[PDB]
Structures are given as structure tokens and as C-alpha cells.
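Notes on a structure featuring ribociclib.
Here chain A follows the PDB entry for its numbers: 11-301, in order, are the residues you see. Every number for a ligand or one of its atoms is a count from 1 in the order of the listing.
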Amino acid sequence: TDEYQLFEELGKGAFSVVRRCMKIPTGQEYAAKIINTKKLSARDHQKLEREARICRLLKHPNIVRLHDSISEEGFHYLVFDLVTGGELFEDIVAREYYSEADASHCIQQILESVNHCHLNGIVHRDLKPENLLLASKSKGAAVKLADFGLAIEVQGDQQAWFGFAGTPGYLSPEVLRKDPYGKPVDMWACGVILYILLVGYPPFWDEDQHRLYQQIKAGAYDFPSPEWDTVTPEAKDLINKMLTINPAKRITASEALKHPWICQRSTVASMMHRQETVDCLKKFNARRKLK
Ligand SMILES: CN(C)C(=O)c1cc2cnc(Nc3ccc(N4CCNCC4)cn3)nc2n1C1CCCC1
């Protein structure tokens, strides 16, 4: 800990904070989650070691890397390799060309990280734009799935009621019905994200959170004209299969990586520029920054 220098705030939590830090003797930059271990519940104490254990298990080019776990007097540090490219969604709105192919490229990377989570018995439970970063400012920076603070460990394909966790706009139907759930919830979130990547606004939305949940449980999304008239049928097909209410028939991550819009991207995904999507995303990002 004394080996690290702390700088600005990168995030905030109930009993934690995320700060940019640097390894003093070598100058390597990291993102450290600083948890005040003092006056911490037993429940909260198990969640902390569960996050450390989960992050330690995940080594993948599309997942953030845990560098160190540190226990000090009254504080605990979760040190991750720092990614400097910012949010994927903020990078897209800065582009001059953005098409289905780019969205397919992004979702493919997200699907690799989700598939690598599920192959290791880990369900993220909170897939959302804030947790989708870009490795660098380099042209071809890799997408990085971040923040496993809500992730859970599961055995095989055994569902269970693991609790009401996540973000309202991305919650699956089965979590809202308080049914047992598992890996498919991440794939419902990927469906929401993919929808937003194509048109720039969420498939489910309402001022009243109670109406939102009725929309989600009913699968009350559609592909309205005119913006969806130019989206390929294969792109709507992949979304459909992710936003499938029945969790058993919902497409898995390994199946989605073999969908023609993903694996045959160069000949299936449209290359047309979608400026209206860029414009909508700019508004979507602005609304997020308020809350
Ligand atoms: C710490 N934990 C548990 C992680 O999973 C984790 C590993 C991370 C590695 N690199 C970053 N770099 C980074 C991320 C966001 C921003 N901001 C740019 C300006 N506005 C919005 C955000 C700036 N830099 N962040 C990481 N995170 C967290 C992701 C959310 C915050 C910290």
C-alpha cells in the first residue's frame, strides 16, 4: 500500500472508493478499489473476498486484470491494471464512422468475456455501459469488462435465487419475477446493450420504474421505423434471441459467438454509417451522467 501513490477518484461506493494509483518504484499505473475494512459486516466481508477470488480467477484479454489484493489495518486494496481508453459508449460518439460491423465487433468482444466468465462458473449480473471500457486510446483497443463487485459463483447450470441485484434498465425478466436464475441473465443484458449499440436508445424505458419492469417482464420492445428499417434482419435476429423471455431458450454466449452477424460479420453486418445512432448515444450518455 505504501508502495502506491493515490490520485483522483475513479468511482464511489457504499463502503469503498476507486482511485487511480501508481506503483511508486516502477511507475506502473493501476485502478485501486479502496475498501475501509473497519466496521464491516460479515455479509460485506464475504462479498469482498468473493470479488477478490472472482477477479483472481479471470485472465482474459477482454476482462480487467487483477494485479494485487492487499489487506492493511482498516483498509483493503483491489489493484487492477489501469485501462485508459474510457467508456466504450463515450468512444463511439467520438467516431466519424460507425456501423453494424463496429457494433458486431464490440458485441463479439463482450461475448468473449461473458463466455469466459460462464465457462468458469461466474455470472457478472450487472453488465452495463459503465462496466464496458476500452483498453487504450489506440485505434484498435480491446473492450474490457470491469467491476465484478456483484458477480456470483455458480455450479454448472444449476439455477437459484441469488438475490435482487443489477441495474433496472438491464434486469432480466426472471430476476424481476424473483425466479431462480443464472448465466442467462448476462445474455439478457447483452441484448439490451446490443439494442443500444445499434440505435442509441434502450429497448425498455419508462419514467416510472414500475412501468419499466412490466415492460421488461413482457418483453415489450420493438424495432420502430424509420431507424430500424436499415438494420439487417440478422442483427434483429440476434437481439430477438438475446431478449427471449424464456431463459432456457435464450441464446447462450457460446451460441451467440457463432451467430452469422457475429462470426460472418464482414458479409452479414451492414457497413452503412449510422449517424442517427451516434447522435442518440450522445443523448443517452448525457442522461446517464446525471444519475
Ligand atoms: C475497480 N474495479 C472493481 C474494476 O473492476 C476496475 C478495473 C479498472 C481498470 N481500469 C479502469 N480505468 C478507468 C475506468 C473508468 C474511468 N472513468 C472515465 C471518466 N468518466 C467515467 C469513468 C477512467 N478510468 N477502471 C477500472 N475499474 C472500475 C471500472 C469502473 C471505475 C473503476
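The largest share of close contacts with ribociclib comes from the chain named in UniProt as Calcium/calmodulin-dependent protein kinase type II subunit delta. Residues contacting ribociclib within 4.0 Å (heavy-atom distance) are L20, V28, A41, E61, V74, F90, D91, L92, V93, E97, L143, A156, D157. Under a 4.0 Å criterion applied to the non-hydrogen atoms of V28, ribociclib contributes the atoms 1 (C), 32 (C). In the vicinity of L20, heavy-atom distances shorter than 4.0 Å reach the ribociclib atoms 23 (C), 31 (C). Protein heavy atom at the shortest distance from atom 2 (N) of ribociclib is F90 CE1, 3.6 Å.
Of the protein's non-hydrogen atoms, the one nearest atom 21 (C) of ribociclib is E97 OE2, 3.8 Å. Listed by number with element, the atoms of ribociclib under 4.0 angstrom from any heavy atom of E61 are 3 (C). For atom 6 (C) of ribociclib, the nearest protein heavy atom (residue, atom name, distance) is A156 CB, 4.2 Å.
Near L92, meaning under 4.0 Å from any of its heavy atoms, are these atoms of ribociclib: 10 (N), 11 (C), 12 (N). Counting protein heavy atoms only, atom 30 (C) of ribociclib is closest to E140 O, 4.5 Å. In the vicinity of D91, heavy-atom distances shorter than 4.0 Å reach the ribociclib atoms 9 (C), 10 (N). Of the residues that UniProt lists as binding ATP in chain A, those with a heavy atom under 4.0 Å from ribociclib are: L20, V28.
Ranking protein heavy atoms by distance to atom 25 (N) of ribociclib, first place goes to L143 CD1, 3.8 Å.
At least one N/O-N/O distance between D157 and ribociclib falls below 3.5 Å.
Most residues of chain A that touch ribociclib lie in the UniProt domain Protein kinase.
Ribociclib has no N or O atom lying under 3.5 Å from any N or O atom of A41, backbone or side chain. Nearest UniProt active-site residue of chain A to ribociclib, heavy-atom distance to 1 Å: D136, 10 Å.
For atom 13 (C) of ribociclib, the nearest protein heavy atom is under 4.0 Å away.
Considering only non-hydrogen protein atoms, atom 10 (N) of ribociclib sits nearest to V93 N, 3.1 Å. For atom 19 (C) of ribociclib, no protein heavy-atom neighbour is present inside the 4.0 Å cut-off.
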Ribociclib: protein N/O within less than 3.5 Å of ligand N/O:
residue: ribociclib; atom: 5 (O); partner: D157; partner atom: N; Å: 2.6
residue: ribociclib; atom: 10 (N); partner: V93; partner atom: N; Å: 3.1
residue: ribociclib; atom: 12 (N); partner: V93; partner atom: O; Å: 2.9

